[PDB]
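Structural view - fluorouracil in its complex with Uracil-DNA glycosylase.
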Amino acid sequence: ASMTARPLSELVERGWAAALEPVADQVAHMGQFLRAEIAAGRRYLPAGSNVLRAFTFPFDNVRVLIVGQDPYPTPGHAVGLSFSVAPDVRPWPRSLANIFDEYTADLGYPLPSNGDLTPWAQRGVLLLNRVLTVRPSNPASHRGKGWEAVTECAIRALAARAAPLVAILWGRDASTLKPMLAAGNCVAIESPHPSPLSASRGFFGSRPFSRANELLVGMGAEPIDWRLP
Ligand SMILES: O=c1[nH]cc(F)c(=O)[nH]1
Ligand SMILES: [Cl-]
């Protein structure tokens, strides 16, 4: 359960545990960081058992990578899959409402029934953030505290697989992963982040879902079924 106390082989899916071996010590250090935050009287999100949740879906099955900045800052929202919320959450966070507006515009599907993105994760979409924890109410508060090396390692490992990869990089912090995607089996879509602060700079109209599927087909891979219930 605890990333200070237990190894990657217990915390994440088998392929991910091997993929993340270069950062095994760093993940334990992040567990120590979180312990120190609590000792100091600061909290973090998502819940400890969810921090590495994106790495519990199989590494070998990832076809598309979505990367945001850091988890939702409001207690009760972040679940360890970027942008997702529990199926009983309403209203939707503003960034997610914006994502879903673009989803309907791009794909023509009706608005989803809820904000649970687990179907995407179950269909080969990795829902990552550049940084995997945040202090409540304080976006970007864990920037530069050691998660970047972990998520860098994850992207490098995905990019090294003998497989096509499409990355969707939402926002500035996600965009720092672009250099690691240089190899010919990988292609990146970059746009402004879907938060209200930046969505009108190019997130709306970006059509990332249909573009990712055109890219997958062009590499000989199966497209994602993006349809949410
Ligand atoms: O960049 C992000 N913003 C909001 C989120 F919930 C998330 O996971 N990532
Ligand atoms: Cl706090």
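If you read the sequence from its start, that first residue is 1, and numbering goes on from there. Header lists the method as X-ray crystallography, 1.2 Å. Read the numbers this way: they start at 1 and go in the same order the structure lists the ligands and their atoms.
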message: Quick one: which ligands or chains are fluorouracil?
response: ligand 1
query: In terms of atom number and element, which parts of fluorouracil are under 4.0 angstrom from non-hydrogen atoms of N129?
result: 1 (O), 2 (C), 7 (C), 8 (O), 9 (N)
- prompt: Considering only heavy atoms, does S82 approach fluorouracil within less than 4.0 Å through its side chain, its backbone, both, or neither?
  reply: both
query: Non-hydrogen atoms of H193 versus fluorouracil: any pair closer than 4.0 Å?
result: yes
- request: Check fluorouracil against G68 and write out every atom of the ligand that is under 4.0 Å from a heavy-atom position of the residue.
  value: 1 (O)
field: Which of the fluorouracil atoms, numbered from 1, are nearer than 4.0 Å to a heavy atom of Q69
entry: 1 (O), 2 (C)
query: Counting both backbone and side chain atoms, is some N or O of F83 under 3.5 Å from an N or O of fluorouracil?
result: yes
- prompt: Which is it for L127 and fluorouracil at heavy atoms under 4.0 Å: side chain, backbone, both or neither?
  reply: neither
- request: Find, among UniProt active-site residues of chain A, the one closest to fluorouracil; state the minimum non-hydrogen distance to 1 Å.
  value: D70, 3 Å
- request: Run the numbers for me: atoms of fluorouracil, each under 4.0 Å from some heavy atom of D70, listed by number.
  value: 1 (O), 2 (C), 3 (N), 4 (C), 5 (C), 7 (C), 8 (O), 9 (N)
- request: Please list the residues near fluorouracil, using 4.0 Å as the heavy-atom limit.
  value: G68, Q69, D70, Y72, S82, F83, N129, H193
